[PDB]
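Taking it in order: structure first as C-alpha coordinates, then the write-up.
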Amino acid sequence: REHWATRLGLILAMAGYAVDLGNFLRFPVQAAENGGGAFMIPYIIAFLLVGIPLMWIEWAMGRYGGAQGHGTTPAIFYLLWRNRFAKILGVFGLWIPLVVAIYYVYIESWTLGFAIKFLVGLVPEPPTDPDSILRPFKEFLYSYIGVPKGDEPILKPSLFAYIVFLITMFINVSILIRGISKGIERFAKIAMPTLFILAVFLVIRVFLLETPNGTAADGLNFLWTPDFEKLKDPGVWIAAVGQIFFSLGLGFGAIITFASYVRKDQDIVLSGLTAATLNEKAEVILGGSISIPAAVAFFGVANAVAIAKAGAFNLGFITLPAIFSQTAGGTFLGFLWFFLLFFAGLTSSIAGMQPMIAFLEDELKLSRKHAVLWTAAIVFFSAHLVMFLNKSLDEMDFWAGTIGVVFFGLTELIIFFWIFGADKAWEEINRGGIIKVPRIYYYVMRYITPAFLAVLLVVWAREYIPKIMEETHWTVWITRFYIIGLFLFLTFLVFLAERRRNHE
Ligand SMILES: CNCC[C@H](Oc1cccc2ccccc12)c1cccs1
Ligand SMILES: CCCCCCCCO[C@@H]1O[C@H](CO)[C@@H](O)[C@H](O)[C@H]1O
Ligand SMILES: CCCCCCCCO[C@@H]1O[C@H](CO)[C@@H](O)[C@H](O)[C@H]1O
Ligand SMILES: CCCCCCCCO[C@@H]1O[C@H](CO)[C@@H](O)[C@H](O)[C@H]1O
Ligand code: NA
Ligand code: NA
(Lines of atoms letter the chains of each structure in order from A and count residues from 1; the text may use other names and numbers.)
(Lines give C-alpha, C1' and ligand atoms only; values in the text may rest on other atoms or scores of the structure.)
(Ligands and ions follow the chains in the order given, each with its own letter.)
Protein backbone atom coordinates (compact mmCIF):
# COMPACT_ATOMS: atom_id res chain seq x y z
CA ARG A 1 0.00 0.00 0.00
CA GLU A 2 1.06 3.57 -0.78
CA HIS A 3 2.06 5.78 2.15
CA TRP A 4 2.50 9.48 2.81
CA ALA A 5 6.23 10.09 2.44
CA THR A 6 6.56 12.86 5.02
CA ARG A 7 4.66 14.14 8.04
CA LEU A 8 4.58 17.63 6.54
CA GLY A 9 3.05 16.43 3.27
CA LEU A 10 0.37 14.48 5.13
CA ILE A 11 -0.70 17.51 7.16
CA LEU A 12 -0.64 19.88 4.16
CA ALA A 13 -2.66 17.42 2.07
CA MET A 14 -5.28 17.10 4.81
CA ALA A 15 -5.37 20.86 5.41
CA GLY A 16 -5.53 21.37 1.66
CA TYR A 17 -8.68 19.24 1.61
CA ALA A 18 -10.30 21.28 4.38
CA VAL A 19 -9.29 24.71 3.07
CA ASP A 20 -11.72 25.48 0.26
CA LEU A 21 -13.90 28.22 -1.20
CA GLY A 22 -15.94 28.13 2.01
CA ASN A 23 -13.01 29.39 4.07
CA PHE A 24 -12.82 32.65 2.11
CA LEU A 25 -16.51 33.16 1.36
CA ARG A 26 -18.91 31.07 3.44
CA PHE A 27 -17.39 31.53 6.91
CA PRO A 28 -17.14 35.33 6.81
CA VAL A 29 -20.79 35.62 5.74
CA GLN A 30 -21.94 33.15 8.41
CA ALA A 31 -20.04 35.10 11.06
CA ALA A 32 -21.54 38.43 10.01
CA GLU A 33 -25.09 37.01 9.94
CA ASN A 34 -24.83 35.21 13.29
CA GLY A 35 -23.44 37.61 15.88
CA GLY A 36 -20.17 38.87 14.41
CA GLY A 37 -17.43 38.42 16.99
CA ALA A 38 -19.88 36.67 19.30
CA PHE A 39 -20.14 33.89 16.70
CA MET A 40 -16.73 32.68 17.87
CA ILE A 41 -18.23 31.41 21.12
CA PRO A 42 -20.41 28.68 19.60
CA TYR A 43 -17.82 28.24 16.83
CA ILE A 44 -14.98 27.29 19.19
CA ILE A 45 -17.35 25.16 21.26
CA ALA A 46 -18.51 23.33 18.11
CA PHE A 47 -14.87 22.87 17.15
CA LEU A 48 -14.18 21.31 20.55
CA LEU A 49 -17.29 19.13 20.90
CA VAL A 50 -17.93 18.13 17.29
CA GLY A 51 -15.22 18.96 14.76
CA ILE A 52 -12.07 17.70 16.48
CA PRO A 53 -13.64 14.54 17.96
CA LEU A 54 -15.12 13.37 14.65
CA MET A 55 -11.98 14.21 12.71
CA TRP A 56 -9.87 12.05 15.06
CA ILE A 57 -12.38 9.25 14.54
CA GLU A 58 -12.17 9.46 10.73
CA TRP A 59 -8.36 9.43 10.89
CA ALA A 60 -8.50 6.38 13.16
CA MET A 61 -11.03 4.52 11.00
CA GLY A 62 -8.96 5.20 7.90
CA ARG A 63 -5.65 4.16 9.42
CA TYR A 64 -7.37 1.09 10.84
CA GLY A 65 -8.67 0.12 7.41
CA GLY A 66 -5.44 1.02 5.62
CA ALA A 67 -3.58 -1.48 7.80
CA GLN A 68 -5.70 -4.20 6.21
CA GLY A 69 -5.47 -2.78 2.68
CA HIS A 70 -8.83 -0.97 2.60
CA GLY A 71 -9.27 2.76 2.11
CA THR A 72 -13.04 3.19 1.78
CA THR A 73 -16.10 2.73 4.00
CA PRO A 74 -17.83 -0.22 2.38
CA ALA A 75 -14.94 -2.49 3.42
CA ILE A 76 -13.99 -0.48 6.52
CA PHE A 77 -17.50 -0.48 8.02
CA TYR A 78 -17.57 -4.25 7.44
CA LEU A 79 -14.30 -4.60 9.37
CA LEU A 80 -15.82 -2.66 12.27
CA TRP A 81 -19.16 -4.43 12.02
CA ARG A 82 -19.42 -7.75 10.22
CA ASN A 83 -22.96 -7.23 8.94
CA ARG A 84 -24.43 -6.94 5.44
CA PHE A 85 -26.08 -3.65 6.39
CA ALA A 86 -22.64 -2.23 7.21
CA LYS A 87 -21.51 -2.71 3.61
CA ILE A 88 -24.59 -0.93 2.24
CA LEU A 89 -24.20 1.94 4.70
CA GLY A 90 -20.56 2.03 3.63
CA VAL A 91 -21.63 2.64 0.04
CA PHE A 92 -22.92 6.05 1.12
CA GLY A 93 -19.34 6.98 2.02
CA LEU A 94 -18.41 6.35 -1.59
CA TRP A 95 -21.56 7.86 -3.11
CA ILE A 96 -21.35 11.22 -1.32
CA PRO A 97 -17.90 12.22 -2.60
CA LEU A 98 -18.72 10.91 -6.08
CA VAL A 99 -21.86 13.07 -6.28
CA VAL A 100 -20.02 16.10 -4.87
CA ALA A 101 -17.30 15.67 -7.50
CA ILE A 102 -19.96 15.69 -10.21
CA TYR A 103 -20.81 19.34 -9.45
CA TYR A 104 -17.84 20.70 -7.47
CA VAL A 105 -15.17 20.19 -10.11
CA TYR A 106 -17.42 22.17 -12.45
CA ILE A 107 -17.64 25.02 -9.94
CA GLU A 108 -13.87 24.77 -9.51
CA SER A 109 -13.54 25.22 -13.28
CA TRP A 110 -15.39 28.56 -13.03
CA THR A 111 -12.64 30.06 -10.88
CA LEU A 112 -9.96 29.00 -13.36
CA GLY A 113 -12.04 30.43 -16.19
CA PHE A 114 -12.50 33.74 -14.40
CA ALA A 115 -8.78 33.90 -13.54
CA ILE A 116 -7.88 33.51 -17.22
CA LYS A 117 -10.43 36.11 -18.35
CA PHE A 118 -9.14 38.54 -15.74
CA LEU A 119 -5.49 37.92 -16.59
CA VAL A 120 -6.02 38.69 -20.28
CA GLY A 121 -8.58 41.42 -19.59
CA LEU A 122 -11.64 39.70 -21.09
CA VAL A 123 -13.82 41.16 -18.32
CA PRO A 124 -16.50 43.90 -18.24
CA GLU A 125 -15.48 47.49 -17.49
CA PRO A 126 -18.16 49.68 -15.86
CA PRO A 127 -19.64 52.41 -15.76
CA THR A 128 -21.85 55.79 -10.47
CA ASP A 129 -24.38 53.62 -8.61
CA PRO A 130 -23.89 50.08 -7.17
CA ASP A 131 -26.33 48.45 -9.60
CA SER A 132 -24.51 50.14 -12.48
CA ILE A 133 -21.30 48.39 -11.43
CA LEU A 134 -22.66 45.03 -10.28
CA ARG A 135 -24.99 44.26 -13.20
CA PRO A 136 -22.29 43.98 -15.90
CA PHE A 137 -20.59 41.35 -13.72
CA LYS A 138 -23.82 39.57 -12.86
CA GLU A 139 -24.44 39.28 -16.61
CA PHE A 140 -20.84 38.26 -17.21
CA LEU A 141 -21.22 35.41 -14.74
CA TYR A 142 -24.65 34.40 -16.09
CA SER A 143 -23.31 34.35 -19.66
CA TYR A 144 -20.43 32.16 -18.51
CA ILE A 145 -22.72 29.66 -16.75
CA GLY A 146 -25.61 30.12 -19.18
CA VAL A 147 -28.25 30.96 -16.58
CA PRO A 148 -31.77 30.51 -18.02
CA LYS A 149 -33.13 33.66 -19.64
CA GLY A 150 -36.48 32.01 -20.37
CA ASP A 151 -38.86 29.63 -18.60
CA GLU A 152 -37.00 26.46 -19.62
CA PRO A 153 -34.82 24.79 -16.97
CA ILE A 154 -32.03 24.59 -19.53
CA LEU A 155 -28.57 26.01 -18.97
CA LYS A 156 -26.43 27.08 -21.91
CA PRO A 157 -22.80 27.33 -20.78
CA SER A 158 -20.36 29.25 -22.99
CA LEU A 159 -17.84 27.28 -25.10
CA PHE A 160 -15.13 28.78 -22.92
CA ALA A 161 -16.78 27.45 -19.75
CA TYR A 162 -16.97 23.97 -21.30
CA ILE A 163 -13.33 23.95 -22.45
CA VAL A 164 -12.09 25.27 -19.09
CA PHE A 165 -13.97 22.40 -17.42
CA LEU A 166 -12.07 19.94 -19.61
CA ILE A 167 -8.75 21.57 -18.72
CA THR A 168 -9.74 21.50 -15.04
CA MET A 169 -10.49 17.76 -15.31
CA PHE A 170 -7.13 17.25 -17.02
CA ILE A 171 -5.30 19.09 -14.23
CA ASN A 172 -7.02 16.98 -11.59
CA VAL A 173 -6.11 13.80 -13.48
CA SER A 174 -2.47 14.88 -13.88
CA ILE A 175 -2.11 15.04 -10.10
CA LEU A 176 -4.14 11.96 -9.13
CA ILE A 177 -2.57 9.65 -11.69
CA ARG A 178 0.84 10.17 -10.05
CA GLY A 179 -0.58 8.85 -6.78
CA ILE A 180 -0.45 9.81 -3.12
CA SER A 181 3.17 10.73 -2.41
CA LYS A 182 4.35 11.72 -5.89
CA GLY A 183 1.02 13.31 -6.82
CA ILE A 184 -1.25 14.53 -4.04
CA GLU A 185 1.52 14.98 -1.46
CA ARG A 186 3.91 16.63 -3.91
CA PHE A 187 1.20 19.04 -5.04
CA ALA A 188 0.19 19.93 -1.46
CA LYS A 189 3.72 21.14 -0.66
CA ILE A 190 3.49 23.52 -3.63
CA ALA A 191 -0.17 24.55 -3.39
CA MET A 192 -0.50 25.40 0.31
CA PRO A 193 2.47 27.78 0.44
CA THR A 194 1.17 29.28 -2.82
CA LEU A 195 -2.27 29.59 -1.22
CA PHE A 196 -0.77 31.28 1.84
CA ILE A 197 1.24 33.76 -0.24
CA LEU A 198 -1.73 34.74 -2.41
CA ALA A 199 -3.97 35.33 0.61
CA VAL A 200 -1.45 37.41 2.57
CA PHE A 201 -0.86 39.59 -0.48
CA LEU A 202 -4.63 39.99 -0.83
CA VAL A 203 -5.06 40.82 2.86
CA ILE A 204 -2.35 43.49 2.69
CA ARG A 205 -3.71 44.98 -0.51
CA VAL A 206 -7.25 45.02 0.91
CA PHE A 207 -6.13 46.70 4.14
CA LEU A 208 -4.86 49.58 1.99
CA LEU A 209 -8.20 50.06 0.24
CA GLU A 210 -9.79 53.48 0.76
CA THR A 211 -12.99 54.79 -0.82
CA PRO A 212 -15.38 57.70 -0.16
CA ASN A 213 -17.81 55.11 1.24
CA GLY A 214 -15.35 53.73 3.78
CA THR A 215 -12.19 51.75 4.50
CA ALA A 216 -11.10 48.16 5.17
CA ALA A 217 -11.07 48.99 8.89
CA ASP A 218 -14.83 49.55 8.64
CA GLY A 219 -15.10 46.06 7.19
CA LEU A 220 -13.16 44.40 9.99
CA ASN A 221 -15.29 46.37 12.45
CA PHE A 222 -18.71 45.30 11.12
CA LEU A 223 -17.57 41.68 10.91
CA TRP A 224 -16.04 41.39 14.38
CA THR A 225 -18.30 43.59 16.51
CA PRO A 226 -20.07 41.04 18.76
CA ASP A 227 -23.86 40.74 18.91
CA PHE A 228 -24.45 38.54 21.97
CA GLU A 229 -28.23 38.79 21.63
CA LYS A 230 -28.11 36.41 18.67
CA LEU A 231 -26.65 33.72 20.95
CA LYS A 232 -30.19 33.20 22.22
CA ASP A 233 -31.14 31.96 18.76
CA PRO A 234 -30.72 28.16 18.61
CA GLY A 235 -30.17 28.51 14.87
CA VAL A 236 -26.95 30.39 15.57
CA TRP A 237 -25.64 27.38 17.48
CA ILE A 238 -26.91 25.21 14.62
CA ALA A 239 -25.09 27.52 12.20
CA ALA A 240 -21.87 27.13 14.19
CA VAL A 241 -22.04 23.34 14.42
CA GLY A 242 -22.92 23.30 10.73
CA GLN A 243 -20.10 25.65 9.78
CA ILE A 244 -17.55 23.57 11.70
CA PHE A 245 -18.77 20.28 10.24
CA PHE A 246 -18.54 21.52 6.65
CA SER A 247 -15.36 23.56 7.11
CA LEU A 248 -13.46 20.45 8.21
CA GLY A 249 -15.13 18.44 5.46
CA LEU A 250 -16.31 15.75 7.86
CA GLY A 251 -18.65 13.00 6.61
CA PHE A 252 -17.36 13.08 3.02
CA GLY A 253 -15.13 9.98 3.06
CA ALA A 254 -12.10 11.98 1.90
CA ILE A 255 -10.51 12.10 5.37
CA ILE A 256 -10.91 8.37 5.96
CA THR A 257 -9.31 7.52 2.61
CA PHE A 258 -6.34 9.87 3.14
CA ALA A 259 -5.78 8.36 6.59
CA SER A 260 -5.70 4.87 5.07
CA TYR A 261 -2.31 5.75 3.56
CA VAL A 262 -1.00 6.56 7.04
CA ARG A 263 1.20 3.80 8.46
CA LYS A 264 -0.18 1.52 11.18
CA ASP A 265 1.55 3.10 14.17
CA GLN A 266 2.15 6.62 12.83
CA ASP A 267 0.57 9.42 14.89
CA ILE A 268 -2.86 10.77 13.98
CA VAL A 269 -3.79 12.63 17.17
CA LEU A 270 -1.31 15.53 16.84
CA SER A 271 -1.25 15.48 13.03
CA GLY A 272 -5.04 15.62 12.84
CA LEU A 273 -5.28 18.43 15.38
CA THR A 274 -2.63 20.34 13.42
CA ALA A 275 -4.48 20.01 10.10
CA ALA A 276 -7.70 21.23 11.71
CA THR A 277 -5.83 24.20 13.20
CA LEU A 278 -4.43 25.32 9.84
CA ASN A 279 -7.95 25.24 8.42
CA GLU A 280 -9.32 27.35 11.28
CA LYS A 281 -6.53 29.91 10.92
CA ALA A 282 -6.99 30.06 7.15
CA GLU A 283 -10.70 30.44 7.83
CA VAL A 284 -10.92 33.23 10.43
CA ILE A 285 -7.60 35.04 9.83
CA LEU A 286 -7.23 34.99 6.05
CA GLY A 287 -10.81 34.41 4.93
CA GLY A 288 -12.32 37.01 7.25
CA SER A 289 -9.78 39.66 6.22
CA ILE A 290 -10.35 39.71 2.45
CA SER A 291 -13.87 39.43 1.01
CA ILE A 292 -16.02 41.29 3.57
CA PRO A 293 -13.54 44.06 4.48
CA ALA A 294 -13.07 44.79 0.76
CA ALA A 295 -16.83 44.90 0.13
CA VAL A 296 -17.55 47.20 3.06
CA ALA A 297 -14.61 49.44 2.16
CA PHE A 298 -16.07 50.04 -1.30
CA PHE A 299 -19.82 50.16 -0.63
CA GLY A 300 -19.83 51.42 2.95
CA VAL A 301 -20.93 49.81 6.21
CA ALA A 302 -24.45 50.96 5.30
CA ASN A 303 -24.64 48.09 2.81
CA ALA A 304 -22.75 45.61 5.00
CA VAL A 305 -25.93 43.77 6.06
CA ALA A 306 -27.29 43.69 2.51
CA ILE A 307 -23.97 42.35 1.21
CA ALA A 308 -23.86 39.64 3.88
CA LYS A 309 -27.45 38.61 3.07
CA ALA A 310 -26.68 38.47 -0.66
CA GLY A 311 -24.66 35.36 0.18
CA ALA A 312 -21.21 33.82 -0.20
CA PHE A 313 -21.55 33.09 -3.93
CA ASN A 314 -22.63 36.59 -4.99
CA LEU A 315 -19.85 38.06 -2.86
CA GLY A 316 -17.10 36.01 -4.51
CA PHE A 317 -18.30 35.88 -8.12
CA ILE A 318 -20.15 39.16 -8.61
CA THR A 319 -19.44 41.72 -5.89
CA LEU A 320 -15.65 41.38 -5.52
CA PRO A 321 -15.03 41.21 -9.28
CA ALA A 322 -17.10 44.40 -9.65
CA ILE A 323 -15.04 46.08 -6.93
CA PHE A 324 -11.79 44.97 -8.57
CA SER A 325 -12.84 46.63 -11.84
CA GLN A 326 -13.12 49.90 -9.91
CA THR A 327 -9.75 49.71 -8.17
CA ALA A 328 -6.23 50.46 -9.40
CA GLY A 329 -4.66 47.36 -10.96
CA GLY A 330 -7.78 45.47 -9.91
CA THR A 331 -7.68 43.35 -13.04
CA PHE A 332 -4.51 41.64 -11.78
CA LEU A 333 -6.13 41.64 -8.33
CA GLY A 334 -9.08 39.77 -9.85
CA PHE A 335 -6.72 37.18 -11.31
CA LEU A 336 -5.10 36.60 -7.91
CA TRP A 337 -8.49 36.28 -6.20
CA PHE A 338 -9.67 33.65 -8.67
CA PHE A 339 -6.24 31.99 -8.73
CA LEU A 340 -6.57 31.70 -4.95
CA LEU A 341 -10.04 30.17 -5.22
CA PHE A 342 -8.85 27.77 -7.92
CA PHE A 343 -6.02 26.29 -5.83
CA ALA A 344 -8.33 26.15 -2.82
CA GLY A 345 -10.75 24.14 -4.95
CA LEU A 346 -8.11 21.98 -6.62
CA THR A 347 -6.58 20.79 -3.33
CA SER A 348 -10.09 19.81 -2.24
CA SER A 349 -11.12 18.02 -5.43
CA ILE A 350 -8.05 15.77 -5.65
CA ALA A 351 -8.88 14.64 -2.09
CA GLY A 352 -12.54 14.22 -2.94
CA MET A 353 -12.03 11.93 -5.93
CA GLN A 354 -9.48 9.66 -4.22
CA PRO A 355 -12.07 7.51 -2.40
CA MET A 356 -13.44 6.32 -5.76
CA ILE A 357 -9.86 5.78 -6.92
CA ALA A 358 -9.03 3.87 -3.72
CA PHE A 359 -12.11 1.63 -4.05
CA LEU A 360 -11.29 0.58 -7.62
CA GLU A 361 -7.66 -0.03 -6.60
CA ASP A 362 -8.23 -1.75 -3.26
CA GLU A 363 -11.41 -3.75 -3.92
CA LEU A 364 -11.55 -4.32 -7.68
CA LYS A 365 -7.76 -4.46 -8.07
CA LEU A 366 -7.57 -1.89 -10.86
CA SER A 367 -4.26 -0.24 -11.66
CA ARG A 368 -3.87 3.37 -10.53
CA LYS A 369 -3.96 4.58 -14.13
CA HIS A 370 -7.22 2.77 -14.90
CA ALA A 371 -8.82 3.74 -11.59
CA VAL A 372 -8.03 7.43 -12.12
CA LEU A 373 -9.20 7.44 -15.75
CA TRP A 374 -12.49 5.62 -15.07
CA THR A 375 -13.22 7.88 -12.11
CA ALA A 376 -12.59 10.95 -14.27
CA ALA A 377 -14.71 9.42 -17.04
CA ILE A 378 -17.71 9.01 -14.74
CA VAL A 379 -17.35 12.47 -13.17
CA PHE A 380 -16.90 14.12 -16.57
CA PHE A 381 -19.87 12.34 -18.14
CA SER A 382 -22.17 12.84 -15.15
CA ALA A 383 -21.27 16.55 -14.89
CA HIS A 384 -23.11 17.28 -18.15
CA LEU A 385 -26.27 17.05 -16.06
CA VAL A 386 -24.93 19.80 -13.80
CA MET A 387 -23.80 21.89 -16.79
CA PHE A 388 -27.06 21.75 -18.75
CA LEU A 389 -29.88 21.30 -16.23
CA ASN A 390 -30.86 24.23 -14.01
CA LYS A 391 -30.87 23.59 -10.24
CA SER A 392 -29.36 20.12 -10.75
CA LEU A 393 -26.32 21.44 -8.86
CA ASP A 394 -28.53 22.45 -5.93
CA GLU A 395 -30.29 19.10 -5.76
CA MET A 396 -26.98 17.23 -5.65
CA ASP A 397 -25.58 19.69 -3.10
CA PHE A 398 -28.57 19.09 -0.84
CA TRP A 399 -28.90 15.29 -0.74
CA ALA A 400 -25.20 14.41 -0.85
CA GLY A 401 -23.53 17.64 0.16
CA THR A 402 -25.80 18.53 3.06
CA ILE A 403 -28.20 15.90 4.43
CA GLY A 404 -26.03 12.98 3.37
CA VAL A 405 -22.79 14.02 5.07
CA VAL A 406 -24.37 14.85 8.43
CA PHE A 407 -26.22 11.53 8.30
CA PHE A 408 -23.00 9.75 7.37
CA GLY A 409 -21.07 11.56 10.10
CA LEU A 410 -23.49 10.22 12.70
CA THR A 411 -23.19 6.77 11.12
CA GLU A 412 -19.40 6.84 11.53
CA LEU A 413 -19.68 7.69 15.24
CA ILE A 414 -22.21 4.97 15.99
CA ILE A 415 -20.45 2.22 14.03
CA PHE A 416 -17.04 3.09 15.47
CA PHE A 417 -17.73 4.05 19.09
CA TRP A 418 -20.90 2.05 19.80
CA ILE A 419 -20.98 -1.03 17.58
CA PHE A 420 -17.25 -1.71 17.17
CA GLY A 421 -16.69 -0.81 20.82
CA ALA A 422 -15.69 2.45 22.49
CA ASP A 423 -12.66 0.89 24.23
CA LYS A 424 -11.36 -0.67 21.02
CA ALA A 425 -12.09 2.62 19.26
CA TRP A 426 -10.30 4.63 21.96
CA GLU A 427 -7.11 2.56 21.72
CA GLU A 428 -7.31 2.74 17.92
CA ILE A 429 -7.28 6.54 18.06
CA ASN A 430 -4.41 6.93 20.55
CA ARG A 431 -2.04 4.21 19.26
CA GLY A 432 1.23 5.73 18.07
CA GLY A 433 0.07 9.15 19.23
CA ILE A 434 2.68 11.83 19.83
CA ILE A 435 0.16 13.21 22.29
CA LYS A 436 -2.73 11.34 23.90
CA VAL A 437 -6.38 12.32 23.56
CA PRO A 438 -7.65 13.92 26.80
CA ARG A 439 -9.62 11.37 28.84
CA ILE A 440 -12.67 13.66 28.83
CA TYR A 441 -13.15 13.17 25.07
CA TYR A 442 -14.18 9.56 25.63
CA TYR A 443 -17.52 10.83 26.91
CA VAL A 444 -17.78 13.55 24.27
CA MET A 445 -17.24 11.10 21.40
CA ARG A 446 -19.70 8.62 22.89
CA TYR A 447 -22.61 10.89 23.91
CA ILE A 448 -22.07 14.59 23.14
CA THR A 449 -20.81 14.48 19.55
CA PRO A 450 -23.53 12.11 18.30
CA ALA A 451 -26.18 14.12 20.19
CA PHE A 452 -25.10 17.32 18.42
CA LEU A 453 -25.12 15.69 14.98
CA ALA A 454 -28.53 14.10 15.63
CA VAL A 455 -29.92 17.52 16.55
CA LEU A 456 -28.45 19.11 13.44
CA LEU A 457 -29.81 16.35 11.20
CA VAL A 458 -33.32 16.47 12.67
CA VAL A 459 -33.53 20.27 12.52
CA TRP A 460 -32.36 20.32 8.90
CA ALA A 461 -34.56 17.39 7.88
CA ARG A 462 -37.69 19.03 9.33
CA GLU A 463 -36.80 22.48 7.95
CA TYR A 464 -35.56 21.85 4.42
CA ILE A 465 -36.85 18.45 3.21
CA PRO A 466 -40.53 19.46 3.06
CA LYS A 467 -39.53 22.51 0.97
CA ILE A 468 -37.32 20.56 -1.46
CA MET A 469 -39.95 17.85 -1.98
CA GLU A 470 -42.99 20.09 -2.45
CA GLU A 471 -41.93 23.48 -3.84
CA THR A 472 -39.28 22.53 -6.44
CA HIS A 473 -39.63 22.27 -10.24
CA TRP A 474 -40.40 18.83 -11.70
CA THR A 475 -36.97 18.58 -13.38
CA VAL A 476 -35.44 17.87 -9.97
CA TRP A 477 -36.62 14.26 -10.40
CA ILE A 478 -34.15 13.93 -13.28
CA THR A 479 -31.24 14.56 -10.89
CA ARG A 480 -32.79 12.46 -8.12
CA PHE A 481 -33.28 9.61 -10.56
CA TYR A 482 -29.66 9.84 -11.70
CA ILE A 483 -27.98 9.92 -8.28
CA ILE A 484 -30.23 7.13 -6.98
CA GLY A 485 -28.95 5.20 -10.00
CA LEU A 486 -25.35 5.98 -9.05
CA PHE A 487 -25.99 4.57 -5.61
CA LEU A 488 -27.38 1.36 -7.19
CA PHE A 489 -24.37 1.24 -9.53
CA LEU A 490 -21.95 1.50 -6.59
CA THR A 491 -23.88 -1.13 -4.60
CA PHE A 492 -23.35 -3.38 -7.62
CA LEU A 493 -19.60 -2.64 -7.65
CA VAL A 494 -19.40 -3.49 -3.95
CA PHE A 495 -21.27 -6.71 -4.76
CA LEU A 496 -18.71 -7.60 -7.46
CA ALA A 497 -15.91 -6.84 -5.01
CA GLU A 498 -17.14 -9.36 -2.43
CA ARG A 499 -17.80 -11.90 -5.18
CA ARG A 500 -14.28 -11.49 -6.55
CA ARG A 501 -12.91 -11.93 -3.04
CA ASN A 502 -14.90 -15.15 -2.57
CA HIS A 503 -13.34 -16.52 -5.76
CA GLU A 504 -9.76 -15.64 -4.79
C1 LIG B 1 -13.84 21.29 3.82
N2 LIG B 1 -13.43 21.25 2.44
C3 LIG B 1 -13.84 20.12 1.62
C4 LIG B 1 -14.98 20.57 0.73
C5 LIG B 1 -15.75 19.42 0.13
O6 LIG B 1 -14.98 18.87 -0.93
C7 LIG B 1 -15.26 17.61 -1.40
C8 LIG B 1 -15.73 16.63 -0.53
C9 LIG B 1 -16.01 15.35 -0.99
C10 LIG B 1 -15.84 14.98 -2.33
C11 LIG B 1 -15.38 15.89 -3.26
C12 LIG B 1 -15.21 15.55 -4.59
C13 LIG B 1 -14.73 16.51 -5.48
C14 LIG B 1 -14.44 17.80 -5.07
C15 LIG B 1 -14.60 18.20 -3.74
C16 LIG B 1 -15.06 17.27 -2.82
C17 LIG B 1 -16.97 20.05 -0.42
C18 LIG B 1 -17.07 20.49 -1.72
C19 LIG B 1 -18.33 21.07 -1.93
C20 LIG B 1 -19.20 21.12 -0.84
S21 LIG B 1 -18.38 20.39 0.50
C1 LIG C 1 -23.79 14.16 -28.03
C2 LIG C 1 -22.71 15.21 -28.24
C3 LIG C 1 -23.05 16.42 -27.40
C4 LIG C 1 -21.79 16.96 -26.76
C5 LIG C 1 -22.16 17.72 -25.50
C6 LIG C 1 -21.10 18.78 -25.32
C7 LIG C 1 -21.52 19.92 -26.21
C8 LIG C 1 -20.51 21.01 -25.99
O9 LIG C 1 -21.28 22.03 -25.42
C10 LIG C 1 -20.65 23.26 -25.51
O11 LIG C 1 -21.01 23.83 -24.29
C12 LIG C 1 -22.02 24.76 -24.42
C13 LIG C 1 -23.39 24.20 -24.62
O14 LIG C 1 -24.26 24.81 -23.65
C15 LIG C 1 -21.57 25.86 -25.32
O16 LIG C 1 -20.25 25.94 -24.85
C17 LIG C 1 -21.32 25.41 -26.71
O18 LIG C 1 -22.24 25.95 -27.62
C19 LIG C 1 -21.10 23.93 -26.80
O20 LIG C 1 -19.94 23.89 -27.62
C1 LIG D 1 -39.19 11.96 -15.62
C2 LIG D 1 -39.48 13.16 -14.75
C3 LIG D 1 -40.86 12.95 -14.19
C4 LIG D 1 -40.93 13.56 -12.82
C5 LIG D 1 -42.26 14.26 -12.73
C6 LIG D 1 -42.99 13.77 -11.51
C7 LIG D 1 -43.86 14.91 -11.02
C8 LIG D 1 -42.98 15.86 -10.24
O9 LIG D 1 -43.87 16.78 -9.65
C10 LIG D 1 -43.29 17.87 -8.95
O11 LIG D 1 -42.31 17.29 -8.08
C12 LIG D 1 -41.65 18.38 -7.47
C13 LIG D 1 -40.35 17.93 -6.85
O14 LIG D 1 -40.63 16.99 -5.83
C15 LIG D 1 -42.59 19.03 -6.49
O16 LIG D 1 -41.88 20.12 -5.93
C17 LIG D 1 -43.70 19.62 -7.32
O18 LIG D 1 -44.64 20.26 -6.50
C19 LIG D 1 -44.37 18.52 -8.08
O20 LIG D 1 -45.43 19.06 -8.83
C1 LIG E 1 -37.27 9.61 -13.47
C2 LIG E 1 -38.50 9.00 -12.84
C3 LIG E 1 -38.99 9.93 -11.75
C4 LIG E 1 -40.03 9.26 -10.86
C5 LIG E 1 -41.16 10.24 -10.54
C6 LIG E 1 -41.45 10.32 -9.06
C7 LIG E 1 -42.95 10.47 -8.82
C8 LIG E 1 -43.25 11.49 -7.72
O9 LIG E 1 -44.60 11.42 -7.32
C10 LIG E 1 -45.07 12.56 -6.66
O11 LIG E 1 -46.21 13.11 -7.25
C12 LIG E 1 -46.74 13.95 -6.27
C13 LIG E 1 -48.19 14.24 -6.36
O14 LIG E 1 -48.47 15.24 -5.39
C15 LIG E 1 -46.09 15.25 -6.45
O16 LIG E 1 -46.24 16.12 -5.37
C17 LIG E 1 -44.62 15.02 -6.73
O18 LIG E 1 -44.70 15.15 -8.09
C19 LIG E 1 -44.05 13.61 -6.58
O20 LIG E 1 -43.42 13.49 -5.34
NA1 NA F 1 -12.79 24.66 5.51
NA1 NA G 1 -8.68 22.87 -0.90
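In chain A, numbers come from the PDB entry; the residues present are 5-131, 135-511, in order. When a ligand or atom number is given, it counts from 1 through the structure's own listing order. The figures here come from the full heavy-atom set of this structure, side chains too, leaving out hydrogens, waters and symmetry mates.
From the options nortriptyline, chloramphenicol, tapinarof, duloxetine, vorinostat, the one located at ligand 1 is duloxetine.
Most heavy-atom contacts to duloxetine: the chain the PDB entry names Transporter. Around duloxetine, within 4.0 Å by heavy-atom distance, are found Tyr21, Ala22, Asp24, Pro101, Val104, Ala105, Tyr108, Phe253, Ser254, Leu255, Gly256, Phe259, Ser355, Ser356, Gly359.
Close contacts of duloxetine with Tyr108, meaning ligand atoms under 4.0 Å from a residue heavy atom, involve 14 (C), 15 (C), 18 (C), 19 (C). Using 4.0 Å as the cut-off, the other ligands and ions found near duloxetine are ligand 5 (sodium ion). By the 3.5 Å distance cut-off applied to N or O atoms, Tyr21 is counted among the residues near duloxetine.
Residue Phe259 approaches duloxetine through these ligand atoms, each under 4.0 Å from one of its heavy atoms: 8 (C), 9 (C), 21 (S). Near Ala22, the atoms of duloxetine lying under 4.0 angstrom from a non-hydrogen atom of the residue are 1 (C), 2 (N).
Near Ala105, with a cut-off below 4.0 Å to any heavy atom, the atoms of duloxetine are 12 (C), 13 (C). The nearest protein atom to atom 7 (C) of duloxetine, hydrogens excluded, is given as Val104 CG1, 3.8 Å; this is a heavy-atom distance. Regarding atom 20 (C) of duloxetine, its nearest protein heavy-atom neighbour is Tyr107 OH, 4.2 Å. Close approach to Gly256 involves these atoms of duloxetine, each under 4.0 Å from a residue heavy atom: 1 (C). Taking a cut-off of under 4.0 Å to the non-hydrogen atoms of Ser254, the atoms of duloxetine that pass are 1 (C).
Atom numbering of duloxetine starts at 1 in the shown order; those under 4.0 Å from a heavy atom of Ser356 are 13 (C), 14 (C), 15 (C). Of all protein heavy atoms, the one closest to atom 11 (C) of duloxetine is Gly359 CA, 3.3 Å.
Close approach of duloxetine to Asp24 (heavy-atom distance below 4.0 Å) involves ligand atoms 1 (C), 2 (N), 3 (C), 4 (C).
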